[PDB]
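For this chain, numbers begin at 1 and follow the sequence in order. Order of appearance sets the numbers: ligands from 1, and atoms from 1 within every ligand. Heavy atoms only: backbone and side chains are in, while hydrogens, waters and symmetry mates are out. Heads up, header says this was done by X-ray crystallography, 2.4 Å.
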Amino acid sequence: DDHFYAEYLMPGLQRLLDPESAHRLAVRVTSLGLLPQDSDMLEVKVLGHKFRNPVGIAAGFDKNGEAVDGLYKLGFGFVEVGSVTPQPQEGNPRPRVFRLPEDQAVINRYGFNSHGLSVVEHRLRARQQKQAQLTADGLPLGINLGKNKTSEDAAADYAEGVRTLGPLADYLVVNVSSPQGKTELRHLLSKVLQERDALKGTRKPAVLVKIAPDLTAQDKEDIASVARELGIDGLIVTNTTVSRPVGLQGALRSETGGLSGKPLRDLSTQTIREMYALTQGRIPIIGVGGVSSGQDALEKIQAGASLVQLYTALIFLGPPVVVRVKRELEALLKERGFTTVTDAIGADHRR
Ligand SMILES: Cc1cc2nc3c(=O)[nH]c(=O)nc-3n(C[C@H](O)[C@H](O)[C@H](O)COP(=O)(O)O)c2cc1C
Ligand SMILES: Cc1c(-c2ccc(-c3ccccc3F)cc2)nc2ccc(F)cc2c1C(=O)O
Ligand SMILES: O=C(O)c1cc(=O)[nH]c(=O)[nH]1
Ligand code: NA
Ligand code: NI
């Protein structure tokens, strides 16, 4: 029930623990399955895969692939693992996670705390068989690849992620947004796609680029330009923002890092519209940023998203939020004339 979690449970956990401790606890609980129907309307085919429902869990929750199965159990149409780095790295010194309850927002500067490719690969291979079945059933797995803080070759770091986890991923994600020109971007992504095309004995995973909501007009044109030029399979809009919107009440708003949650809701959707227009609706887009209801989800899809993802909403509303968003999205699609989710993609631009 939505009320119990929002009014009591989540608030209870927030007074007993600091955000990073709660995050780790959330992962334990989710991976153990101490948790507990998708219509055909929500089914989305894109990126060469089938998704029973368009609501996935965004990268950052399960950084080391410890709770994949638990996440699907919570109702997610797809799971995106970590932001995994080649070598293990501790990340920024603590505290590095801050709660903004009144804003239904969070601010983090984790710095890519990661177990590493070796560990995540081992874990994911251990369940490769189960995931194979999951994928076949419209529950794809995404893997977000990062790079080490001290690494010298960014492209080499990502490429290594493609080789090690490409065989295990349904789709891969390269960041360029965690809180440089059109040429440096083109070289990085071409080497990644080349490594992807070099894979064998495995189904080639789609490659998407995740961008920040903090981009200049030139940044968006360049990203759109390179994406179409290289044939990027998609884009994830949007990642956290460094800006602090006028109206933030949280006492920790002055904290450095990326802001997620409701404050990022519309900035995320507007970026989706802009990127969708710059790519002429030719590049599938996964919309993320402040999704907390079916309606927020529909606004992202109409702006141009084929799929959406959420994270912060789960932090304050808990598991029930996943069920509520899907239920509302379905009800709204009907009410607004769309026979399927696919029909609403890019509806804003079509007028
Ligand atoms: C605590 C935290 C950790 C995150 N870690 C990652 C990460 O490792 N890699 C990544 O690509 N995005 C990361 N993100 C960003 C989310 O994937 C997402 O882009 C952003 O939070 C917007 O969605 P939301 O408002 O629904 O949370 C993180 C976000 C939060 C709040
Ligand atoms: C409470 C919380 C949780 C969480 C989410 C879901 C659950 C959960 C999951 C499954 C079943 C029951 C539950 F309560 C438990 C705990 N995850 C986070 C992740 C990142 C972050 F920065 C902060 C948090 C915070 C926080 O406010 O400190
Ligand atoms: O680990 C992190 O700091 C991090 C990475 C990223 O892509 N986004 C975010 O909000 N935090
Ligand atoms: Na526009
Ligand atoms: Ni694969």
Which of repotrectinib, clindamycin, brequinar has been placed at ligand 2 in this model?
brequinar
Per the PDB entry, what macromolecule holds brequinar with the most contacts in this model?
dihydroorotate dehydrogenase
Within brequinar, which atoms have a heavy atom of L9 less than 4.0 Å away?
14 (F)
What are the atoms of brequinar, with element, lying closer than 4.0 Å to any heavy atom of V97?
22 (F)
Could you work out, for atom 7 (C) of brequinar, the closest of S21, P11, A26 by heavy-atom distance?
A26
Check for me whether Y5 has a heavy atom closer than 4.0 Å to any atom of brequinar.
yes
I'd like to know whether brequinar has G318 as a neighbour, heavy-atom separation below 4.0 Å.
no
Tell me whether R99 has any N or O atom under 3.5 angstrom from an N or O of brequinar.
yes
Between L34 and brequinar, which residue portion shows a heavy-atom distance shorter than 4.0 Å: side chain, backbone, both, or neither?
neither
Of all the non-hydrogen atoms in the protein, which one sits nearest to atom 9 (C) of brequinar, and at what distance?
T30 OG1, 3.8 Å
Protein heavy atom at shortest distance from atom 21 (C) of brequinar
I315 CD1, 3.6 Å
Which UniProt-defined active-site residue in chain A approaches brequinar most closely, and at what heavy-atom distance to 1 Å?
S178, 14 Å
Among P320, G70, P319, whose heavy atom sits nearest atom 11 (C) of brequinar?
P319
Considering the heavy atoms of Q14, write down every atom of brequinar situated less than 4.0 Å from one of them.
27 (O)
Quick check on contacts: which atoms of brequinar are under 4.0 angstrom from a heavy atom of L13?
15 (C), 16 (C)
Report the part of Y311 in contact with brequinar, treating N, CA, C, O as backbone and CB onward as side chain, heavy atoms under 4.0 Å; options are side chain, backbone, both, neither.
side chain
Among all the protein's non-hydrogen atoms, which is closest to atom 5 (C) of brequinar, and how far away is it?
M10 CE, 3.5 Å
Which heavy atom of the protein is the closest neighbour of atom 2 (C) of brequinar, given with residue, atom name and distance?
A22 CB, 3.6 Å
Would you list any other ligands or ions less than 4.0 Å from brequinar for me?
ligand 1 (flavin mononucleotide)
Quick test: of every protein heavy atom, which one is nearest to atom 23 (C) of brequinar, and how far off is it to 0.1 Å?
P19 O, 3.5 Å
Among residues of chain A listed in UniProt as binding FMN, which lie with some heavy atom under 4.0 Å from brequinar?
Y311
What is the residue-level binding site of brequinar with heavy atoms closer than 4.0 Å?
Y5, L9, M10, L13, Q14, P19, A22, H23, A26, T30, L35, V97, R99, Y311, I315, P319
